[PDB]
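Beta-lactamase in complex with ampicillin (open form).
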Amino acid sequence: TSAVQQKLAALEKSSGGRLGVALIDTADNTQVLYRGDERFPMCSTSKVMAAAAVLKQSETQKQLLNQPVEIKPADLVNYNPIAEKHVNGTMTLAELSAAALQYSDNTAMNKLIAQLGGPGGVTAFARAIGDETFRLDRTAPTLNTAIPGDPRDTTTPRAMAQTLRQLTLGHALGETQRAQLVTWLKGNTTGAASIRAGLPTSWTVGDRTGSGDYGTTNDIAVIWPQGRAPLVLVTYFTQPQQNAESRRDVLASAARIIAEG
Ligand SMILES: *C(=O)[C@@H](NC(=O)[C@H](N)c1ccccc1)[C@@H]1N[C@@H](C(=O)O)C(C)(C)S1
């Protein structure tokens, strides 16, 4: 095991939880993995797959992103910071995708899922781009139960890192779609204390966070250092106590360790 893996193992030991990390350095397509093949609950990081699946649809339905979607009182769930502003009005699928990706809006996630025909349509898009690991089984917010050992709504760090690379830096999407996903991710507002907090602050970052029960605290990021090929970093973390507190600092610390090596 490398020096970076020993430092990640020590961070994990210090934290009392279970840490999964996958880095892809696209300059060499080298990988750094820590529990990279173990399953973790994705929580809201699954929003990237859902938004990208709608973007993939928009390659054929050219005006799909401007299609209005009604926001109704029954659509509201546990956390709806943007959609609650539009109850009994409408939001476009673009406005819903931005709400999901930039504010972690769970109503917006559910509208994306509905546009895809259910959670099976999100998983289908994962399989269509070569991700055999991702599975989405539930809508928001029950996809965040993060129960230890439950295979529902999980992926592995290695698989999520590979998928995030193909969506944002590869060509799993069309050029306008991929650029739109990059813009949305760069504009995320919920990640300041997660991967972003452990990285040199002249690196541009796009990321999507997630949180759930068992103190599950997740972040997935595409990172553009200046003068270097970009990297993809996935950091997943979960804890033994059902009511455990969020630990965004562990994700920052993992990113910092990765950025060193
Ligand atoms: C996705 O992770 C979403 N999580 C939830 O709705 C959870 N039920 C939850 C966990 C902890 C606190 C509140 C809700 C949304 N994304 C989260 C995130 O980006 O970390 C969230 C906490 C903003 S809600």
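By the numbers in the PDB entry, the shown part of chain A spans 26-57, 59-238, 240-252, 254-289. Both backbone and side-chain heavy atoms feed into the values below; hydrogens, waters and symmetry mates do not. Note that ligands are numbered from 1 as they come in the structure, with each ligand's atoms numbered from 1 the same way.
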_Binding site of ampicillin (open form), heavy atoms under 4.0 Å_ = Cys69, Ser70, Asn104, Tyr105, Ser130, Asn132, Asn170, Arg234, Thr235, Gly236, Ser237, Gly238
*Considering the heavy atoms of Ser130, write down every atom of ampicillin (open form) situated less than 4.0 Å from one of them.*
15 (C), 16 (N), 18 (C), 19 (O), 23 (C)
*asked:* So if I count the atoms of ampicillin (open form) from 1 in the order they appear, which ones are less than 4.0 Å from some heavy atom of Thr235?
replied: 18 (C), 19 (O), 20 (O)
*Report the residue and atom in covalent bond with ampicillin (open form) in the deposited model.*
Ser70 OG
*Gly238: numbered ampicillin (open form) atoms lying under 4.0 Å from its heavy atoms*: 10 (C)
*Close-contact set for ampicillin (open form) against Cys69 heavy atoms, below 4.0 Å*: 2 (O)
